[PDB]
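In the model that follows, one finds ensitrelvir.
So that the names make sense, note that chain A is the first sequence line, chain B the second, and so on, each numbered from 1. Per deposition record, X-ray crystallography, 2.3 Å. In each ligand, atom 1 is the first atom listed, and ligand 1 is the first ligand listed. What's counted below: heavy atoms across the whole structure, side chains too, no hydrogens, waters or symmetry copies.
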Amino acid sequence: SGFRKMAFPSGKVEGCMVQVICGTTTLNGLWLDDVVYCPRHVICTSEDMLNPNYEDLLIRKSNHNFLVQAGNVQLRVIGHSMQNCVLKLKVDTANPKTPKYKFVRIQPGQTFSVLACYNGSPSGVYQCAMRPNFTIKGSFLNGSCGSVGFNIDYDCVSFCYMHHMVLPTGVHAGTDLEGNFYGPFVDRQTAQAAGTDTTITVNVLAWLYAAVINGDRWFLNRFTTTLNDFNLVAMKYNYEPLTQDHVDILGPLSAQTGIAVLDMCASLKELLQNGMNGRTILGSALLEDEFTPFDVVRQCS
Amino acid sequence: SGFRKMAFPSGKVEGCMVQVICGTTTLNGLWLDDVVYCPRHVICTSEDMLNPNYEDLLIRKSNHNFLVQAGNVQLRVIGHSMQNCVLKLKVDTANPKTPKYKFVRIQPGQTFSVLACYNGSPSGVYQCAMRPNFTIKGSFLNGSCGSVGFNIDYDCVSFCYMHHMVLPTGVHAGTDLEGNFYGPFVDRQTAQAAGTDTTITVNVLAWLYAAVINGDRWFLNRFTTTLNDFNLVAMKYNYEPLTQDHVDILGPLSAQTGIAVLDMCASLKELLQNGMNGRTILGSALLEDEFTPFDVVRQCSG
Ligand SMILES: Cn1cnc(Cn2c(=O)nc(Nc3cc4cn(C)nc4cc3Cl)n(Cc3cc(F)c(F)cc3F)c2=O)n1
Ligand SMILES: Cn1cnc(Cn2c(=O)nc(Nc3cc4cn(C)nc4cc3Cl)n(Cc3cc(F)c(F)cc3F)c2=O)n1
């Protein structure tokens, strides 16, 4: 019953958010066990933000230059290190609400939940997908740097994203929890452009299945096609190419509906070659590509 | 940058969700202080859910017939009562994770965050609006009965919704935290109709202001209008009539953008009479009506 963009409950992540100040530079940090993870951009003064020398900026810092607080509680810093673009501050207190967790690096098209924070305080929760151009379309204001994205499986939080910066097109770029950027970006206040974005084809098909699995069925037709023929149409419309693994992943959704994957690909081809007739699918007048096949089954049980 | 449907952090509410069982009938409850709140429909067996006599069913229940489980902690029921459609089970242990809270009854058009739960375990969170016909368009599966909706003011949790049932339309219907249904529905398995819905005009206008704040400006045009002339068009497209209180509410968004409210109404009238011509606003190809004026301020600033 119903189909919505749905985020994971954020309580386990809320318990891990702290404020990190270095000089006057302020951002959010992630407190797991006795380590606080935050973007290394915190060690940059306004005059270092455009072209920072992170090796030289950090060598001149000491433990007492980093102020970390979890609400009113102060955490004394007893060590600091740099791993790629992530600063690691060892503290004297282990977080008592540290959850079961793992650091993972997600693939384009995969989804996760974002907890937007400001000055170490959670502000809102929503779901994002990693775009094929390695950006995300979130909702972030000044002070959001260091907010994290995550998935939860069986009480284990998989941290996958740390927000770093906003790009000129308004999209957002960040790293994994090991400090490695998604995409070719760098941690510097320079104008950096994302590539042309493409549509996650497997996700659009999964969303089309969810519609039938709900009720919308006007887009279904009598045709079928081949993976090769569809991918020729997919390339023209800035859609990701479909692989046999994509076809295999959509198997469960294809089983419940009795609609062959290649039958749905033919339906999608027609929607692209003509239009959506100004009619709506699952309450939207556009083709939605930020629902994974897993997102669909877990909501359409 | 960007504008999305954004739910409140659910941590304070997660620590209050418990499982309630009565025989084999199972649903979710809300544990605050020494009281667990849940839909009274839990005291129905399979053969009772069609036309239950709740007073007859309750009189034959005793404390030990209610199993309340908070994760792996078992709670002990030392009393029970019925308030409207909500059953209240007093337990021997006050919830340590009880936040500063409040029970409120929202108005049609107001939004809240929903924490969907199954078997007393939280499962997901999203934003909903109370439709003008007192239904909500959410995402609920079997076993979601008892999930709650809420807003957060700094540290105070304002509970405004408890989920009861899915209607024929597929829409969802529930009560406030004193057991009173939003709308004309009853807690029984019978076909119930909700009236025709209408579009929350003041919420659409607030959404249009958010687009201006985020750099989406193509719909602003050369016209102005009057409140009375706009409602002629609004009544025509199944929109709520616009009041002076709506105009006053949109005041802050008007002043921050420099666009008069009546001017934005005229741009909305044009959008209603000509469509969008394949263009999008804030990444949507429709007029969104589930963002209140307060939602826009909370997200576009602070
Ligand atoms: C509008 N918007 C959308 N997303 C963001 C995220 N974001 C951010 O929150 N902060 C940034 N710069 C800082 C300025 C500070 C001023 N004080 C006093 N303290 C500050 C701390 C930060 Cl991090 N930036 C810009 C930015 C941050 C980076 F980490 C980076 F590598 C390059 C950048 F250009 C920012 O984008 N804002
Ligand atoms: C698809 N969907 C969307 N929303 C809902 C909510 N919902 C629900 O979760 N459960 C319901 N009936 C029960 C059956 C049970 C079987 N066992 C073993 N235990 C059960 C407990 C319940 Cl509550 N219903 C139906 C329903 C629930 C009510 F509270 C009510 F007053 C009338 C109703 F018809 C339900 O809608 N499911």
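- Among all chains, the one with more heavy-atom contacts to ensitrelvir (ligand 2) than any other is, according to the PDB entry, 3C-like proteinase nsp5.
- Other chains near ensitrelvir (ligand 2) (heavy atoms under 4.0 Å), by letter: A, B.
- Protein heavy atoms are absent from the 4.0 Å sphere centred on atom 15 (C) of ensitrelvir (ligand 2).
- Polar contact with ensitrelvir (ligand 2): present for B:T26 (N/O pair, distance under 3.5 Å).
- The deposited model shows no covalent link between ensitrelvir (ligand 2) and any chain.
- With a 4.0 Å heavy-atom cut-off, ensitrelvir (ligand 2) is reached by the backbone of B:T24 but not by any atom from C-beta on.
- When non-hydrogen atoms are compared, ensitrelvir (ligand 2) lies under 4.0 Å from the side chain of B:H163 (C-beta onward) but not from its backbone.
- No part of B:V42 comes within 4.0 Å of ensitrelvir (ligand 2), judged by heavy-atom distances.
- Per UniProt, the domain of chain B home to most contacts with ensitrelvir (ligand 2) is Peptidase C30.
- Between B:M49 and ensitrelvir (ligand 2), not a single N/O pair is under 3.5 Å apart.
- In this structure, atom 11 (C) of ensitrelvir (ligand 2) has no protein heavy-atom contact shorter than 4.0 Å.
- Using a 4.0 Å cut-off between heavy atoms, B:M165 contacts ensitrelvir (ligand 2) through both its backbone and its side chain.
- At a heavy-atom cutoff of 4.0 Å, ensitrelvir (ligand 2) is contacted by both the backbone and the side chain of B:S144.
- Looking at ensitrelvir (ligand 2), you won't find any N or O of B:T25 less than 3.5 Å from one of its N or O atoms.
- Checked by distance only, ensitrelvir (ligand 2) and B:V166 come closer than 3.5 Å through their nitrogen or oxygen atoms.
- Here's the thing with B:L27: none of its N/O atoms is less than 3.5 angstrom from an N/O atom of ensitrelvir (ligand 2).
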Could you give the N/O to N/O pairs under 3.5 Å linking ensitrelvir (ligand 2) and the protein, each with its distance?
residue	atom	partner	partner atom	Å
ensitrelvir (ligand 2)	4 (N)	B:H163	NE2	3.2
ensitrelvir (ligand 2)	9 (O)	B:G143	N	3.1
ensitrelvir (ligand 2)	9 (O)	B:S144	N	3.3
ensitrelvir (ligand 2)	9 (O)	B:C145	N	3.1
ensitrelvir (ligand 2)	19 (N)	B:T26	N	3.0
ensitrelvir (ligand 2)	36 (O)	B:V166	N	3.3

